[PDB]
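A short worksheet on the structure shown next.
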Amino acid sequence: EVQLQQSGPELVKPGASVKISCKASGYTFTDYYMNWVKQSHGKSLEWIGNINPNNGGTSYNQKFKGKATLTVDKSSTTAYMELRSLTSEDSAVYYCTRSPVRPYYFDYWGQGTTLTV
Amino acid sequence: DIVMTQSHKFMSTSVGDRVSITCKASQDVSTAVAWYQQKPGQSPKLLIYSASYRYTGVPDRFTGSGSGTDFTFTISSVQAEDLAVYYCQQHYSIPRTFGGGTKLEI
Amino acid sequence: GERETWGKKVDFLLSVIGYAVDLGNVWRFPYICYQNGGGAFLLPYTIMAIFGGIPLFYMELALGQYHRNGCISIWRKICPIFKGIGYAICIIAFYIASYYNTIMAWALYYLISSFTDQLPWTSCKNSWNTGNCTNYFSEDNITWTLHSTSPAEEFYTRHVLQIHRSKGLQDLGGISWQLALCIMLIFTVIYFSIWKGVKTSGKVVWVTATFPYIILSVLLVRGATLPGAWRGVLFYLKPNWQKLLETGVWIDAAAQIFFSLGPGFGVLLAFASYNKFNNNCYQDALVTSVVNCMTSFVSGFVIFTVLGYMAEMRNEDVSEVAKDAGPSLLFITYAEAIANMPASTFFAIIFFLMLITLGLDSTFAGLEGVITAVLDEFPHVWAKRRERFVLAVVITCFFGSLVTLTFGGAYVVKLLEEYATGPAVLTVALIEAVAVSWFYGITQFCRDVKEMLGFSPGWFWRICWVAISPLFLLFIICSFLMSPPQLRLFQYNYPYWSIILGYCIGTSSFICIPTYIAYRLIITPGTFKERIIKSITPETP
Ligand SMILES: CCCCCCCCCCCCO[C@@H]1O[C@H](CO)[C@@H](O[C@H]2O[C@H](CO)[C@@H](O)[C@H](O)[C@H]2O)[C@H](O)[C@H]1O
Ligand SMILES: Fc1ccc([C@@H]2CCNC[C@H]2COc2ccc3c(c2)OCO3)cc1
Ligand SMILES: *[C@@H]1O[C@H](CO)[C@@H](O)[C@H](O)[C@H]1NC(C)=O
Ligand SMILES: *[C@@H]1O[C@H](CO)[C@@H](O)[C@H](O)[C@H]1NC(C)=O
Ligand SMILES: [Cl-]
């Protein structure tokens, strides 16, 4: 009843920079977080960052210092994640997730952008 | 970080028995352990948060148990629509970390 | 001749202890210690205390005991070109008595509001609460929206402080009468307790400086029994040795020890002024610093056992609930923790009494320092009626703190806490240690201490007075002036005019030193060498 839409598959040149958009719709967008998770090919999940649409706050993973920047534009309720300096080692599916503040359960997940290097 | 492991990725009993996979935690997490159900190709849906409360809109068969260090996912008599992998996420501290997972064959 | 002595030698020790211990050892030390590696913070803390704190403390105490003068009259015996130190200290003490005397007013409001079997900040069906009043967890079924807030946080930001009536620092809105009455009562208490002097001060310090320890012990005993209390102690003591590689831990340790011991402020000079000549100030300063550090440690245990209880009742990671640094850690987090413990009324009463008694003696000492300084500076117009000039300074400090009692008071008190004290006090203490250890001569000081105590201080003290502590304070100053902090409070940033006003306030006291050495041009005219040789050398004893 409440699904998060994302982009589709694309080809990224190794070394360039790309973005992944997450258009949320169904509930009050300015009321919960917007978390990104990186699922490697046939491996475990991994939490990348955190976005607070109220004040543009951020809380990213320690192993993602200069790997992904997180921005938010609450005009059309979208979430941007720019992937800079991408090589053939982390190009995999990217999910957009929402989660309330500190029960921290991932409530809804995106469709799955199979980002291929 | 707070690493979270699971059992072997193959051992899973067939229909009729009790398929109960475990989740060993590195540090002491009181009850902040969630479970997910990612079918092949689809996106992971939330099943159980805080290891004892199931999310709204899930069947009554999916039950979670355990606290402190040993967390058990109790899904007994799996139907023909539960073949997936189940991850073990904790709500202790940032960054949050998931687990390896296990398939339920057959 | 005219100076007075302490009624008992224990009165001086208790007064210096009560000056050294304050809320900065209750809510400022545990947060800094946990953030900067946890248990591994005790090593840089101890190093910066041995090298930076204790030497300055002991030097200041010995100087104030020998010269027997305040922060203004002593500089006629060391370097009359640094006489503006007293006026700068007066300005800084005015700013501090303006801002710091509001935390105690908030504590007094909480105390007079806690007199009920059911505390106000444990419910949500009140007249000050909006729809975001989500009670404490007590369960994990109820979710938490990003706009949801705890009942105690809403009671603190909408009833005791009333921050929702002010749209920020741009407009304070209006002054409240409740906080005004509480701060008036506390200023009246301070005045009726500091009027006569050290002889009356040391008699109230017996209760004001010893009561916090009984309450701290009671809270420790209560916290060590709560379920899940071991998590807080573990997270507070589990070291993170990877943090010690960053300079931020050492900078924070230096700042914390300098603001916990508080040297170079004229309070220690004034307290040692009323002391005996042959008093062993060495043992006094040593035991005072040790008591201050042990009190910081005990209070860290007390706070973190209760935060561990909260992280067990609520979700874990005390680091998450202890997200903010300030009075909110005591008025929001610990308030919830008290309201959720059995027999909450008595614990809230004693906790707020502990806060009030921790602030009271600190304000006592901070005002007595300036009083003694200006009295020993102007004995012809004052010091004949000491009952006066104390009411005047209390009224001035009350009129200056009235601006903090407004609805937008948290912003103003944080602006005065983050700009008026740190760099100004650091520069004042640095230039004071330079004037005492270099211009006054470390040989004239070591022979002096040898004459008073009966033994010259060791070479370690000369090293810590000549090169270690000056470079220490210079390092703290260079670290603070290099990274201007963008402070925020309750999801509200500070504009650029706020930073400009804070820079003007922080320099509104240090600027009093150069203007004195400049305006002295009329007093002692002549060649430049004449002034350089007549302003460094002290007057004839
Ligand atoms: C030399 C003459 C100086 C004249 C006055 C100059 C004043 C300049 C404006 C104020 C300067 C910044 O003021 C000072 O900023 C530092 C960080 O920079 C703040 O410091 C804050 O962050 C640091 C980490 O960086 C912590 O270690 C510290 O405990 C915390 O308070 C101080 O709380 C504030 O007092
Ligand atoms: F810049 C700083 C100087 C001294 C400190 C002190 C260090 C020791 N522990 C208590 C701290 C508060 O001292 C006070 C309290 C009330 C006052 C005051 C000083 O002057 C008039 O009214 C902190 C900061
Ligand atoms: C809390 O959630 C559990 C999870 O299924 C449910 O069984 C229980 O009835 C809930 N209690 C409430 C809503 O009071
Ligand atoms: C919580 O506050 C926000 C803005 O501060 C407001 O929009 C929202 O309606 C509030 N929640 C409720 C339940 O009223
Ligand atoms: Cl301390």
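Letters A, B, ... are given to chains in the order of the sequence lines, protein chains preceding strands, and every chain is numbered from 1. Every number for a ligand or one of its atoms is a count from 1 in the order of the listing. Computed from heavy atoms alone, side chains included, the values below leave out hydrogens, waters and symmetry copies.
Looking only at contacts, the largest set of contacts to ligand 2 comes from what the PDB entry names Sodium-dependent serotonin transporter. The name recorded for the drug at ligand 2 is paroxetine. Other chains with a heavy atom closer than 4.0 Å to paroxetine: C.
Per UniProt's numbering from the N terminus, the transmembrane segments of chain C showing a non-hydrogen atom under 4.0 Å from paroxetine are 1, 3, 6, 8, 10. There are UniProt Na(+)-binding residues of chain C with a non-hydrogen atom under 4.0 Å from paroxetine, namely C:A20, C:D22, C:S260, C:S362. In the deposit, the organism given as the source of chain C is Homo sapiens.
Checking distances below 4.0 Å from paroxetine gives no other ligands or ions. Of the residues that UniProt lists as binding serotonin in chain C, those with a heavy atom under 4.0 Å from paroxetine are: C:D22, C:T363.
Binding site of paroxetine at 4.0 Å, heavy atoms: C:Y19, C:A20, C:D22, C:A93, C:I96, C:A97, C:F259, C:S260, C:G262, C:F265, C:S362, C:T363, C:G366, C:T421, C:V425.
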